[PDB]
Enquirer: 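Aminosalicylic acid + (2,3-dihydroxybenzoyl)adenylate synthase, experimental structure. Questions below.
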Amino acid sequence: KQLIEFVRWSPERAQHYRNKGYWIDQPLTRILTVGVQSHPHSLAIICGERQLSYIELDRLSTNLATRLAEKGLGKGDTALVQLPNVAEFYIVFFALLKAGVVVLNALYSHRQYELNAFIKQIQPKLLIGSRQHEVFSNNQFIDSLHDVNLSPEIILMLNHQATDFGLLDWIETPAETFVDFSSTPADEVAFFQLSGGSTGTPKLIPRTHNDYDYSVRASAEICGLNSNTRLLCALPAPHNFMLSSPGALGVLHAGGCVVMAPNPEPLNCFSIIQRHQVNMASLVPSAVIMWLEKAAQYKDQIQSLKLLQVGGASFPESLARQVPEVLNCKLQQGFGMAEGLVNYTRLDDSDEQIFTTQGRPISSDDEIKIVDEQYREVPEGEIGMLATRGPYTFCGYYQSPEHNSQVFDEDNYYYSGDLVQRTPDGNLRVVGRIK
Ligand SMILES: Nc1ccc(C(=O)O)c(O)c1
Ligand SMILES: [Ca+2]
Ligand SMILES: [Ca+2]
Ligand SMILES: [Ca+2]
Ligand SMILES: [Ca+2]
Ligand SMILES: [Ca+2]
């Protein structure tokens, strides 16, 4: 009965964000619904040899949602999902959003310790994973949960065994009996994001439909997505970068197509890019270097690339200038965080801006503060600590009142720990990290 707890925006701000059009109080399923009404047959996801249209995605995620509601799973409940970069990931995501289950998506590289900390935290009633994952190769992990009354009520397995509940079986056919189900309220938690750079296990970040949808819609505008965008998803699908800035959600919002790749392996990525004429991709600097090493020998397979998003680490100007030259495509530099703030160079910015800065905030109502150790605003140009608050920046970690009072100040600015400086053109440059 009780919806998931989280820290809220002040009503004064919540009104402002509604008045400005940022929060439109719609569930994240809006992306699916709106898509099925306009272009039900456009391809939504390409995965290997499979072609999922928008209405194909809608029907499949409904089948799963009706069977979860049939089992009594809905509002108030949580789910732990750990799937690889395949179409099933997005079916599950939209299926849980439809059913009102707050999902935490672990990284497919997370091992037993991390998954254990997540379960002890959200106490999920549903667990979706892969039998091909090391943790679910045997039954030791699933068994250890019973000893601590943390075992879930429903466990679905991809690449399942005869005994297991086949995830693909629950997706193909809907349930026999009818049960009503609905998303959580737009201004309530939709799912959990995972912090990056956390010393211990990643901390939980509650994302509501209102704020996440906004970052998706705004990211899509600044990154130029449209119904012809074919975006390669080579990074980990659950990551904020690959999902919402602009990510798969931004592409679907624009009526485009998501092309799945197991990882950013140059040769495989290059082949997928040529096969499906991928015209956009999003990478971290380490993967870009991998692509740069192989590009010259495979210029033809990657001709169709039109725009590359690079963010998430140091990207020196000497590397930036190689993207257009070697990868034959435009460069967009970004700097974001799962906690909220997302920065991007604009597609019309100068070459000096694109090649030596990480852009500027998505929202004109993103409030930025650059301070020193005496928590005072530094003179424009100098390096300082980044504090921010906006219409898509969280207001505190899940069930972490001690930590939250350390990273949030009285005015509720969030201190990312990132060191930055504001260039004359107004753009930000990320120059280091602090702790
Ligand atoms: N747009 C982006 C880029 C990078 C990150 C990141 O935290 O790695 C993000 O959360 C958003
Ligand atoms: Ca099909
Ligand atoms: Ca559109
Ligand atoms: Ca090109
Ligand atoms: Ca060239
Ligand atoms: Ca951080």
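Residues 3-437, in that order, are what chain A shows, numbered as in the PDB entry. In listed order, ligands and their atoms are each counted from 1. Computed from heavy atoms alone, side chains included, the values below leave out hydrogens, waters and symmetry copies.
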Enquirer: Which components of the model belong to aminosalicylic acid?
Expert: ligand 1
Enquirer: Find all atoms of aminosalicylic acid within a distance of less than 4.0 Å from any non-hydrogen atom belonging to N242, and give their numbers and elements.
Expert: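 Listed by number with element, the hits are 10 (O), 11 (C).
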Enquirer: Compute the shortest N/O to N/O distance between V344 and aminosalicylic acid and return yes if it is under 3.5 Å, no if not.
Expert: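 No; every N/O pair is 3.5 Å or more apart.
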Enquirer: Suppose we measure from atom 3 (C) of aminosalicylic acid to each protein heavy atom; which comes out shortest, and what is that distance?
Expert: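 The answer is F243 CD1, 3.1 Å.
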Enquirer: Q311: heavy atom below 4.0 Å from aminosalicylic acid, yes or no?
Expert: no
Enquirer: Which atoms of aminosalicylic acid are found less than 4.0 Å from any heavy atom of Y346?
Expert: 1 (N)
Enquirer: Could you tell me the residue and atom name of the protein heavy atom closest to atom 10 (O) of aminosalicylic acid, and the distance to it rounded to 0.1 Å?
Expert: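 Nearest protein contact, heavy atoms only, for atom 10 (O) of aminosalicylic acid is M339 N, 3.2 Å.
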Enquirer: Out of curiosity, is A340 lining aminosalicylic acid, as in a heavy atom under 4.0 Å away?
Expert: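 The answer is yes, since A340 has a heavy atom less than 4.0 Å from aminosalicylic acid.
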Enquirer: Any N or O of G338 that comes nearer than 3.5 Å to an N or O of aminosalicylic acid?
Expert: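 Yes - when backbone and side-chain N and O of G338 are compared with those of aminosalicylic acid, one distance drops under 3.5 Å.
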Enquirer: Output the list of atoms in aminosalicylic acid that are nearer than 4.0 Å to some heavy atom of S247, sorted by atom number.
Expert: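 The atoms of aminosalicylic acid under 4.0 Å from a heavy atom of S247 are 1 (N).
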Enquirer: Considering only protein heavy atoms, which is closest to atom 8 (O) of aminosalicylic acid, and at what distance to one decimal place?
Expert: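 Going atom by atom, the protein heavy atom closest to atom 8 (O) of aminosalicylic acid ends up being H241 NE2, 3.4 Å.
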Enquirer: Which other-chain residues or nucleotides lie under 4.0 Å from aminosalicylic acid, by heavy-atom distance only?
Expert: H241, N242, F243, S247, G314, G338, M339, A340, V344, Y346
